[PDB]
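Caption: PDB structure containing oseltamivir carboxylate.
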There are 4 protein chains.
Amino acid sequence: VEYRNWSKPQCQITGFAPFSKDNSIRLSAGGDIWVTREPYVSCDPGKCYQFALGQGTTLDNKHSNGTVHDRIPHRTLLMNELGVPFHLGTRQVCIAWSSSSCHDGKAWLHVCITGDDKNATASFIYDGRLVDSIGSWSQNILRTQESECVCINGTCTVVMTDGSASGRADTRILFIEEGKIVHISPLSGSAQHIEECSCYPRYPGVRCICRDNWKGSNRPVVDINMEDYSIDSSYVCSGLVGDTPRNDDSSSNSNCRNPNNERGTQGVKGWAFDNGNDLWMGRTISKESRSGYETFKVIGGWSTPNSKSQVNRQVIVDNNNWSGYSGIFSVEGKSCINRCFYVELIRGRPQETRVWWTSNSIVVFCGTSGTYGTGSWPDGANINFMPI
Amino acid sequence: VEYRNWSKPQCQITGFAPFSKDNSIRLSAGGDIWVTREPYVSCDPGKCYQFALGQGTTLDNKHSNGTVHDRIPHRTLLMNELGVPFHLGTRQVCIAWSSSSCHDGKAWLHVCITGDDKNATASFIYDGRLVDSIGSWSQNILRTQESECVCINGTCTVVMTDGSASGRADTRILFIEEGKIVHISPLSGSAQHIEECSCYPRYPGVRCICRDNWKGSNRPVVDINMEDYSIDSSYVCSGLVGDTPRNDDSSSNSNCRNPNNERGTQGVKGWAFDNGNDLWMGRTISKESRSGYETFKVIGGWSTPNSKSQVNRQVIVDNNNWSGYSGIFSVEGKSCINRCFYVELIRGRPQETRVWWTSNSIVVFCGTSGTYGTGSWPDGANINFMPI
Amino acid sequence: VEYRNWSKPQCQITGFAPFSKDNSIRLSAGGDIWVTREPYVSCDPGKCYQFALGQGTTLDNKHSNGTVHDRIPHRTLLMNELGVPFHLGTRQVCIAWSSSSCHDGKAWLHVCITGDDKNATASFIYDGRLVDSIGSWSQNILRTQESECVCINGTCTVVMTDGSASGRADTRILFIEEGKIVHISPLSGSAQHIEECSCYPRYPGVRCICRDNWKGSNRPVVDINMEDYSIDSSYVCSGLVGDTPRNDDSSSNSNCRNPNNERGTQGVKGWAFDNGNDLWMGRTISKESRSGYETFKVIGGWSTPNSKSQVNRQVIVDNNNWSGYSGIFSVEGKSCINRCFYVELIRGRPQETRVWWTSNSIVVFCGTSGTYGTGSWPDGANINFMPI
Amino acid sequence: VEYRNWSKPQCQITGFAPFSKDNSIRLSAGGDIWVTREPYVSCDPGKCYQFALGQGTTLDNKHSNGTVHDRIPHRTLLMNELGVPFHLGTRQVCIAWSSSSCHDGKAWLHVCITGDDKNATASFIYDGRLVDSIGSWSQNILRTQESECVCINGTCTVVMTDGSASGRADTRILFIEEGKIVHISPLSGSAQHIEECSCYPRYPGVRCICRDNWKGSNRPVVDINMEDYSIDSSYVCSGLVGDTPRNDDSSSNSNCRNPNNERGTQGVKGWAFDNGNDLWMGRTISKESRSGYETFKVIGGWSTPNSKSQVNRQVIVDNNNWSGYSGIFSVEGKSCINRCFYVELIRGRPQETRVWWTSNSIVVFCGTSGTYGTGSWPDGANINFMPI
Ligand SMILES: *[C@@H]1O[C@H](CO)[C@@H](O[C@@H]2O[C@H](CO)[C@@H](O[C@@H]3O[C@H](CO)[C@@H](O)[C@H](O[C@H]4O[C@H](CO)[C@@H](O)[C@H](O)[C@@H]4O)[C@@H]3O)[C@H](O)[C@H]2NC(C)=O)[C@H](O)[C@H]1NC(C)=O
Ligand SMILES: *[C@@H]1O[C@H](CO)[C@@H](O[C@@H]2O[C@H](CO)[C@@H](O[C@@H]3O[C@H](CO)[C@@H](O)[C@H](O[C@H]4O[C@H](CO)[C@@H](O)[C@H](O)[C@@H]4O)[C@@H]3O)[C@H](O)[C@H]2NC(C)=O)[C@H](O)[C@H]1NC(C)=O
Ligand SMILES: *[C@@H]1O[C@H](CO)[C@@H](O[C@@H]2O[C@H](CO)[C@@H](O[C@@H]3O[C@H](CO)[C@@H](O)[C@H](O[C@H]4O[C@H](CO)[C@@H](O)[C@H](O)[C@@H]4O)[C@@H]3O)[C@H](O)[C@H]2NC(C)=O)[C@H](O)[C@H]1NC(C)=O
Ligand SMILES: *[C@@H]1O[C@H](CO)[C@@H](O[C@@H]2O[C@H](CO)[C@@H](O[C@@H]3O[C@H](CO)[C@@H](O)[C@H](O[C@H]4O[C@H](CO)[C@@H](O)[C@H](O)[C@@H]4O)[C@@H]3O)[C@H](O)[C@H]2NC(C)=O)[C@H](O)[C@H]1NC(C)=O
Ligand SMILES: *[C@@H]1O[C@H](CO)[C@@H](O[C@@H]2O[C@H](CO)[C@@H](O)[C@H](O)[C@H]2NC(C)=O)[C@H](O)[C@H]1NC(C)=O
Ligand SMILES: *[C@@H]1O[C@H](CO)[C@@H](O[C@@H]2O[C@H](CO)[C@@H](O)[C@H](O)[C@H]2NC(C)=O)[C@H](O)[C@H]1NC(C)=O
Ligand SMILES: *[C@@H]1O[C@H](CO)[C@@H](O[C@@H]2O[C@H](CO)[C@@H](O)[C@H](O)[C@H]2NC(C)=O)[C@H](O)[C@H]1NC(C)=O
Ligand SMILES: *[C@@H]1O[C@H](CO)[C@@H](O[C@@H]2O[C@H](CO)[C@@H](O)[C@H](O)[C@H]2NC(C)=O)[C@H](O)[C@H]1NC(C)=O
Ligand SMILES: CCC(CC)O[C@@H]1C=C(C(=O)O)C[C@H](N)[C@H]1NC(C)=O
Ligand SMILES: CCC(CC)O[C@@H]1C=C(C(=O)O)C[C@H](N)[C@H]1NC(C)=O
Ligand SMILES: CCC(CC)O[C@@H]1C=C(C(=O)O)C[C@H](N)[C@H]1NC(C)=O
Ligand SMILES: CCC(CC)O[C@@H]1C=C(C(=O)O)C[C@H](N)[C@H]1NC(C)=O
Ligand SMILES: [Ca+2]
Ligand SMILES: [Ca+2]
Ligand SMILES: [Ca+2]
Ligand SMILES: [Ca+2]
C-alpha cells in the first residue's frame, strides 16, 4: 500500500451521470434508520463510503423530536459503504457535531469535533486510533468542512474555522501526517469568511470552494500549498453565484476578489471546480431557499470576473423538492482524477412542520466523459406518511 | 486475478436441482424487507449474488403503495449474497429502474438506467467507480436485460433497447472494457423485436434468448461475435414456445426465423439454451398469465423448425402460484460451464388487489448431471397475512 | 489451504465446558428472528458456525402459525457464525427440510434435501456451486443427518435414509469429493434402523451414533471405512441408553448388537463417542419426554454390554426445561481432536400450546481437559411473553 | 503476525480526547438493541471492539424486566467493532455473567464465567476454540475483571476472585498461553480485597488498579511479574481516592499500603495509571452514588502518600447524569503506548424505576498529547420516552 499523490490530470467531462442514492427517509417510515444531517462521501482506493452526522437516534423514535438543533453530545460520525443506508448496524466512527474524513492511500483520517460551543475539542483519529487533538482557539464553535479532506504524499489538509458565523472569524488550515498535526497556517488572501469548505486535490496543491456566511453570496476559494504550507484565498469569478441566498441571475455579481455584499449573510455548503478558464458548479435552483439543485459549466467561470454564459446544465433535483448541502469528492481513475458530488436532501424542520425531526437522504452523481439525458432525483418521501 | 474466458464446454445436464430461495414476501410480514421486482443472479468466480430493483421502500411501509409502477427516481439496484434477503443493510449499488450486472474475473460491472422516459441515462460502473455513460438514442425508455451480462477476456457485452415496446425499436449491443464503452453494434439478423435478453457465454461468443413484445410468442435469439462485434439474430426453433402470452402447444409455431404472429404482443422475460440440436427452456405453465413455471428439454428444439417433442420436464412452481420473470446465469465448474436460472415470484398487484404494493421473492435452480425428484417451490406468502 | 485429515488423537477430557448460547426465543419476543428447528454446529479450520432449518418466516409473523409441521418448500438452511442469532441478514445457504454440512479444509459442502415426500431431491453444493444431485431411492422422505458430515483427505461422507420411519428402511452412505458423489454404500451390519446420524472423524475412519426410530431405545452405531467404502453397524453397548423414549435406568438394556425392543418406537437425534472402553454420551433427563439434558461418561460404555456405571455427570439443561435434538461436532486443536456438542431447545408446539409456532434456541458445550462446576442453561423464554 | 510485547514507553499525555460513543439507550427506544451491563473495550493490533454482557434479551422486550439481577444462564459476552451498537446481528462470543478478553497479537482470548453461584465454570476460548476451563475454588461466585486482560510475548494474564464480596476472599492471577492455563499465582502483598481489576501493560510487567469492596475507598493495586509469575499489591497513594462510595476530598486518606477504612464497603469498577510519581485517574463526581464522571492528574498521586494536589481535570459526564463502571484499555502507537478508558452509562434500575430493566450505553476517551476543551457526554436518553 502506497500514499495517494493524485498526480494525474483532471478528467475532461461533459456533465455528470447518476451514481448513488440511499432513500433514507422513505426507508425511515418502515424501518429503523438513523436521523442525520451534514452527509458527505469519500472513497479509499477501492470503494466509496457515505458519511453523516447522526443525532444519536433513529427517526421513528421519540428522541427524533428537536433534531433541527445542530450540536448535542450524542452526535457521532456514521460511516457505511455508499448505498448502504444508515441502519442500526452502522458504525459510529467518533463523537462529532462537525467532521471531515479522508483516506491517504493507507488508512482513514477522521477529524471529529464535539463538546461545548465555547470550548470544543477536535480529535484526530488515524488508522483506528486517536493520534492528536486540539482545543478551540476562539471559543466560538470550532468547526470544519462537513466533506472530505485531501491527502497528498501522506500529508492530509483540512480547513477549520472558530469564531462568529456572521462576522470576521479565525480560519486555519491544518496539515496532518498519520493523524499528527505537523503544521497550522492561518487563512490568508482576500476571502473574508470561510465555512464548510469543499476541497479537492489539484496536484501539487489542494483547492477548496467554500461558503461565506457574512458578506458573500459568491463562493470563496482557498488554495493550499502542500510544499510550503502557504495559503491563498479569493472568490469564484463566475457572475452566476453558488450560494443561497443570492440575487437572481440578472442582478448577481462577483469580481473574483471580495464578497459581493448581495444577500451575503447566511449560506449553504456547496462546491465548484475549475477546468482551465471554465467552472463546473452546482447550486440550489431557488435563489432564496434550499430547494432544487442544478449543475452547469460557466464559460470563463474561473478566469473571467462576472461571466454569466453557461452550458451543459442538468437538473439534479427539481425545484418542487428540498435540497440542502452539497460537496465534492474526487476519485482516481486509470489516467485521470474524476470529480463527483453529493447532494443532501433535507426533510422535516424547519420547512416541514408536520414532523418534529430533521433528517436527510442523499443523491450522488459523478463526472462523465460520455453522454446523458435528464431527470430529477429528490428525496421521495411523502411527509404525510412519516412518523412525526 | 485473471479475466474470465468461459472457455470450457457446457456441462451435460439431465435437468435442474434446487439451489436457493429467499422467502422475501413471507419475511416481509414480520421484518423490514425491500419492495423489489426484476431480480436476477450473477456470480463472481467465488460466490453468487442476488440482484433486484428496489422501489426505494420497504413493504411494511406506506411508500409501498403504488409500486406496480415501473419507473421512479428512487429505484436502485440491490446486491446481496445469494440467499440473503433484501434487509435494511442491503447495499444500493446504483440508481436504476432497469439494469444488468456481470463480473469479468477481476471486478463487477453494473449497467444502471434511470431518469426521464424520453431522455434516460445509463451509467457504467466498474470496480466501484463511474467509468462511462450514454444517453437515450430513441427518446423512448432506454432499457436493458434485467439479468447478467457476459464478459470474455475483459470485454463485457450487454443488450439494450430504446423505442416502442409494441412496434419496431432500436436495439444495440454494447461492448464494454473495464466500464468503458469501446464499441456499439446495431441489432442485425431476422429478430424483429428484442427485450430483456437472457444471455450466456458460448465460447468464443455470447448467445441471448430474449423477449419479443410486438409480434412473437416465440423467443428471439441474438448471437454476439466478441472477436469482430458482428451480430446475428433469429428465433428459437422449438414449436413449444417460451413467451407468455402464447398459443397452446397444439396450435403454436416457430420457423426459427420470423416472429410467429401468435398472441405476439406483450411478453415476459425468459430464457433457454442450446445443447447440440436440443433446447433446454423454461416458461410459465399458464399460457395467458404469469402463473406457474416449468422447464423441459425439447428434442431438436434448437435445430428443427417447430419441434414439439419434449422430455425431462420439471415443475418449478405449480400453476396455482404466481411466477414472473426468469433468466439464466452461468457458473464455471472444474471442467465445464453449468447453466442455472432464477424465477421471480411476483406478489401483489395487479393480480392480488388486497394489497397496494407489488413485490417478489425468488427461487433458483442449477443444472445437474445427476438425478432428482419433484416438487413445487412457490413464494409461499398468504396474501391475507400481509400488510396492505 | 490443505485437506483436513483429522489424523490426531482424540483429546482426553474430564467433561465439558460452556461454549455458546444464542437466546433465539428470548430475542424473538423483541426482534425479527427466524423460526427454526434441526440446528447444528460445524467449524471450518478458523471458526465455528451455527446452522438450522428455517421455516421461511420470522417468529413474530403470522406465517409462524403451523410451523410444527416438518416439510414445506419454504424451508432453507440458515448459516451464521456461532453466537450470531438468526436475524434477517442471515444467509439462506440452500433449499432444505433436511440437511448436513461440513468443511473439508478447503471449502464447505452442504447436503440439502427438499421437494415432495414421495420424490425428494438432495442437492450437493460445494464451494458455492451446485455440483451434484440425487433423487429419492425409496420414494419415502429421503433424509439425512441434521448435523455435520465429515471429510478426510478430500472425501466427505454422509448418511442418508429413505423409507419408513417405523419399520425397515433403505440407508446408504455417500462419499463425496468436491461435491461430486464418487461412491454409495448400502448400510451393512446389525443396526436395523438408522436416522439422523451424529458422526465424527475417528481416523482413519468415521463413526456415527444415530437414532433407531423403530425397535431401539439404544442408539445404533455406523462405522464408515474411508479407504474401501465398507460399512459396519451395531448398537452402543452402554446399558444406560441414549434415546428418548426409553426404559428407566434400572430396567434398560443393550447387548451391543440388536435393538433392545424397549420403548423402541420413536426417538430423538442424539450422540455419543467412544474413549477406549468408555463412552461419553448425552441424553434427555426425562425418559419419556424431550425435557432436560445430561452428559456423563459410562465406564465400559463402549466395550461392555449393558454397563451402567457412570461417572462425571453434568446437567446441561434441568428437567424443568425443554430440550430436543443434540449432535456432535469436532474441532481440531494443536495436538488433539476435541469433541463438542450442541443441544436444540425447542419451544412452542406440541408441548406449549399458548403459541401456534414451533422454534428453538441452542446451547453449546465443548470438551475440556480442565475443571468445571455446575449449572443449567435452558432456552429462558417466558412462553407468556411470546407472540402467539 | 507476531505476539504483542507492548515494549514501548507510555505516551506522555495532557489529558484525554473524545473517541467513541454508542448511544445504546437512545437507539433502544426506536430499534432492537441488546440489554447490557459490564461493558469494556479492547483492540487487536488493527481495530477496537466494544464488549458487554448481554441479558439474553433486547430492551423493548418483556424479558427486559428484572435485568437489574446480575447472574442468569442467558448472559453472553457480546463483541462488536467499537461504535457499532449492540443490534440483533451482534455476535455472542460465549456464555458469561462475568468476563475478560484480550488479543495477544495473533488471536483473541476470552475468559467467560457462568453457572451456579457456588460452583461456577470459567471457559478459556482462544482463536475460536475452547482450550481450557477451571471450576470455582471457593464456591462463592468465581469472577473476573469486566475489562481487558493483557498479553506480553504470548502469555496473557487475568485476575480472578472467588469468595466473599464483603470480607476476605481468594484472589488468583492466571497466566494463559494460547488459551491454556500454564500457571496460577495467589494474590500477595498488602491489598486486602480485589475485585474487577483494570489492568494495563507496563513492560516488562502488567499493573492493575482494582476495586476493594470490603474496607477500602482507596483503590488497590496489583503488580504482576510476567517473567517469574510473582505478585505484589498495595493501594493507590493519592489522597484523592477513586472508589465510590468514599469520603469527601477534605476527609479522605490513603497511605499506599492498607485499605483506608473510610466508607470502604461496596465500590465500583474503576481505573488509574501511573506516570512517574504522578497519577492519572477517573471517578464518579458524586462520592456516594454512580453519578457523573471526572478525570484528573494527581501530582505525586502515585509516589506520595495522601497527595491531594490535582491538575488537568476534565468532566466526562456531569453530575446530573448517571455513570457506572469504568476501565482502562491500551492502544499501541508508532512510538508509544497510549491509555484510553470507557465509561459505562447505566440507565434504569435501581435509580430509575419508571422502567423495569437495567441497561447501559458507553462513552470512550483516549489519552492525547495535544489540547482539548470541555463538555459532557452522558447517555442522553429521556427515561420517559423508553419502553418500560
Ligand atoms: C436530453 O438531455 C440532454 C442532456 O441533458 C439535453 O441537452 C442539454 O440541454 C440543456 C438545456 O438546453 C443544455 O444546457 C443549456 O445550454 C445552453 C447553451 O447552449 C444554455 O443557454 C442553457 O442555460 C440557459 O437555459 C437554462 C434552461 O435550460 C437556464 O436555467 C439558464 O439560466 C440559462 O438561461 C443551458 O445551460 C445542455 O447543454 C444540453 N446538454 C448537451 C450535452 O447538449 C437535451 O435537451 C435533452 N432533450 C430534451 C428533448 O429534453
Ligand atoms: C419423480 O421425479 C422424476 C424426476 O422429475 C420424475 O421423472 C420425470 O417424469 C417426467 C413426467 O413423466 C418426465 O418428463 C416427460 O417426458 C415425456 C417423454 O418421455 C414427455 O412426454 C412429457 O411431456 C408430456 O407430458 C407432460 C406432463 O408430464 C406435459 O406437460 C407435456 O405437455 C407433454 O404432453 C414429459 O416431458 C421426465 O423425463 C422424468 N424424468 C426422468 C429423469 O426420468 C418421476 O416421474 C417422478 N415420479 C413421481 C411418482 O413423482
Ligand atoms: C461442583 O461441580 C462439580 C463438577 O460438576 C461436581 O462434581 C461432580 O459431581 C457429580 C455428581 O456427584 C459426579 O458425577 C457422579 O459420579 C458418580 C461416581 O462417583 C456417579 O455415581 C453419579 O451418577 C449417579 O448419580 C447421579 C446424580 O448425581 C444420577 O443422575 C445417576 O443416574 C447415578 O445414579 C454421577 O455420575 C461427577 O463425577 C463430579 N465431577 C467431578 C469432576 O468430580 C461437584 O459435585 C459440584 N459440587 C457441589 C457441592 O455441587
Ligand atoms: C476550556 O477547556 C480547557 C481544558 O479542559 C480548560 O482548562 C482546564 O481547566 C481546568 C479547571 O480549571 C484545569 O484543572 C484544574 O487545575 C487546577 C490546578 O491548576 C486544580 O486546582 C483544579 O482542581 C480544583 O478545582 C476543581 C474544579 O475545577 C475541583 O473539582 C477540584 O476538587 C479542585 O479543587 C483542576 O484540576 C485544567 O488544568 C485546565 N486544563 C488545561 C490544559 O489548561 C479551560 O478552563 C476551559 N475554559 C472554559 C472557559 O471552559
Ligand atoms: C416535540 O417536542 C415539542 C417541544 O417540547 C412539543 O411541543 C410542545 O408541546 C407542548 C405540550 O402540549 C406544548 O404545550 C408546547 O407549547 C409545545 N412546544 C412548541 C415549541 O410548540 C411536541 O408536542 C413534541 N412532539 C411530539 C410528536 O412528541
Ligand atoms: C393507496 O393509494 C390509493 C391511491 O391513492 C388509495 O386509494 C384511494 O383512496 C382515496 C381516499 O383515501 C380514494 O378517494 C380514491 O378513490 C382511492 N383511489 C383508488 C384508485 O382506489 C389507497 O387508499 C391507498 N392504500 C392504502 C392501504 O393506504
Ligand atoms: C393458527 O392457525 C390455526 C389453524 O388454522 C387456527 O386455529 C383455528 O381457528 C379457527 C378460527 O376460529 C377455528 O375454527 C379452528 O377450529 C382452529 N383450528 C384448530 C386446529 O384449532 C388459529 O386460530 C391460528 N392462530 C393464530 C394466532 O393465528
Ligand atoms: C415486571 O415484573 C414485576 C415483577 O413481576 C411486575 O410487578 C409485579 O406485578 C404483579 C402483577 O402483575 C404485582 O402483583 C406485583 O406486586 C408486582 N411486583 C412488584 C415487586 O412490584 C411488573 O408488573 C412487571 N413490569 C412490566 C412492565 O410488565
Ligand atoms: C456554527 C456555524 C456554522 C457555519 C455557518 O453553522 C452550520 C450551518 C447549519 C446550516 O446552515 O444548515 C448547519 C450546521 N450544522 C452548522 N454547523 C455547526 C457546527 O453547528
Ligand atoms: C418499457 C418496455 C419494457 C419491455 C417490455 O417493459 C418492461 C415490462 C414490465 C412487465 O412486463 O412486467 C416490467 C418492466 N419493469 C418493464 N421495464 C421498464 C424499464 O419499465
Ligand atoms: C421423516 C422421518 C424423520 C426421522 C424419524 O422424522 C424427523 C423427526 C422429527 C423429530 O422427531 O422431531 C423432526 C424432523 N424434522 C423429521 N425429519 C424430516 C425430514 O421430516
Ligand atoms: C459478586 C461480587 C461482585 C464484585 C463486587 O459484584 C459485582 C458488582 C455489581 C455492582 O457493583 O454493579 C455488578 C456485577 N455484575 C457484580 N458481578 C457479578 C459477577 O455478579
Ligand atoms: Ca453567504
Ligand atoms: Ca411476445
Ligand atoms: Ca427409538
Ligand atoms: Ca470500596
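Read the sequence lines top to bottom; their chains are A, B, and onward. We're sticking with the PDB entry numbering for chain A, so the shown stretch reads 82-469, in order. Chain B is numbered as in the PDB entry; the shown residues are, in order, 82-469. Chain C uses the PDB entry numbers throughout; the residues present, in order, are 82-469. Numbers in chain D come straight from the PDB entry, and the residues shown are 82-469, in order. The way this entry was determined, per its header, is X-ray crystallography, 2.2 Å. Order of listing sets the numbers, starting from 1, for every ligand and every atom in it.
- Counting all copies, oseltamivir carboxylate can be found at ligands 9, 10, 11 and 12.
- Contacts with oseltamivir carboxylate (ligand 9) are greatest for the chain named in the PDB entry as Neuraminidase.
- Going by heavy atoms, the other chains that come closer than 4.0 Å to oseltamivir carboxylate (ligand 9) are A.
- Taking a cut-off of under 4.0 Å to the non-hydrogen atoms of A/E119, the atoms of oseltamivir carboxylate (ligand 9) that pass are 13 (C), 14 (C), 15 (N).
- Given atom 9 (C) of oseltamivir carboxylate (ligand 9), the protein heavy atom at minimum distance is A/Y406 OH, 3.1 Å.
- Below 4.0 Å from some heavy atom of A/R118 lie the following atoms of oseltamivir carboxylate (ligand 9), by number and element: 12 (O), 13 (C).
- Remark: atom 11 (O) of oseltamivir carboxylate (ligand 9) lies closer than 4.0 Å to at least one protein heavy atom.
- Nearest to atom 1 (C) of oseltamivir carboxylate (ligand 9) by heavy-atom distance, out of A/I222, A/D243, A/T325, is A/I222.
- Listed by number with element, the atoms of oseltamivir carboxylate (ligand 9) under 4.0 Å from a non-hydrogen atom of A/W178 are 19 (C).
- Applying the 4.0 Å criterion to heavy atoms of A/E277 picks out, from oseltamivir carboxylate (ligand 9), the atoms 7 (C), 8 (C).
- Annotation for oseltamivir carboxylate (ligand 9): atoms under 4.0 Å from non-hydrogen atoms of A/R371 are 10 (C), 11 (O), 12 (O).
- In terms of polar-atom proximity, A/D151 is counted as a contact of oseltamivir carboxylate (ligand 9), with an N or O under 3.5 Å from an N or O of the ligand.
- Contact annotation for A/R292 and oseltamivir carboxylate (ligand 9): only side-chain heavy atoms (C-beta onward) come within less than 4.0 Å of the ligand.
- Per the entry, the source species of chain A is Influenza A virus.
- Considering both main-chain and side-chain atoms, A/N294 never comes within under 3.5 Å of oseltamivir carboxylate (ligand 9) through any nitrogen or oxygen pair.
- Every N/O-N/O distance between A/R224 and oseltamivir carboxylate (ligand 9) stays at or above 3.5 Å.
- Atom 18 (C) of oseltamivir carboxylate (ligand 9) has A/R152 NH1, 3.9 Å as its closest protein atom, hydrogens excluded (heavy atom only).
- With a 4.0 Å heavy-atom cut-off, oseltamivir carboxylate (ligand 9) is reached by no atom of A/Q347.
- An N or O contact shorter than 3.5 Å is missing between A/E276 and oseltamivir carboxylate (ligand 9) by distance.
- Less than 4.0 Å from oseltamivir carboxylate (ligand 9) sit no other ligands or ions.
- Contact annotation: for A/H274 versus oseltamivir carboxylate (ligand 9), there are no heavy atoms closer than 4.0 Å.
- Counting heavy atoms under 4.0 Å, the binding site of oseltamivir carboxylate (ligand 9) comprises A/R118, A/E119, A/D151, A/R152, A/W178, A/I222, A/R224, A/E276, A/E277, A/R292, A/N294, A/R371, A/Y406.
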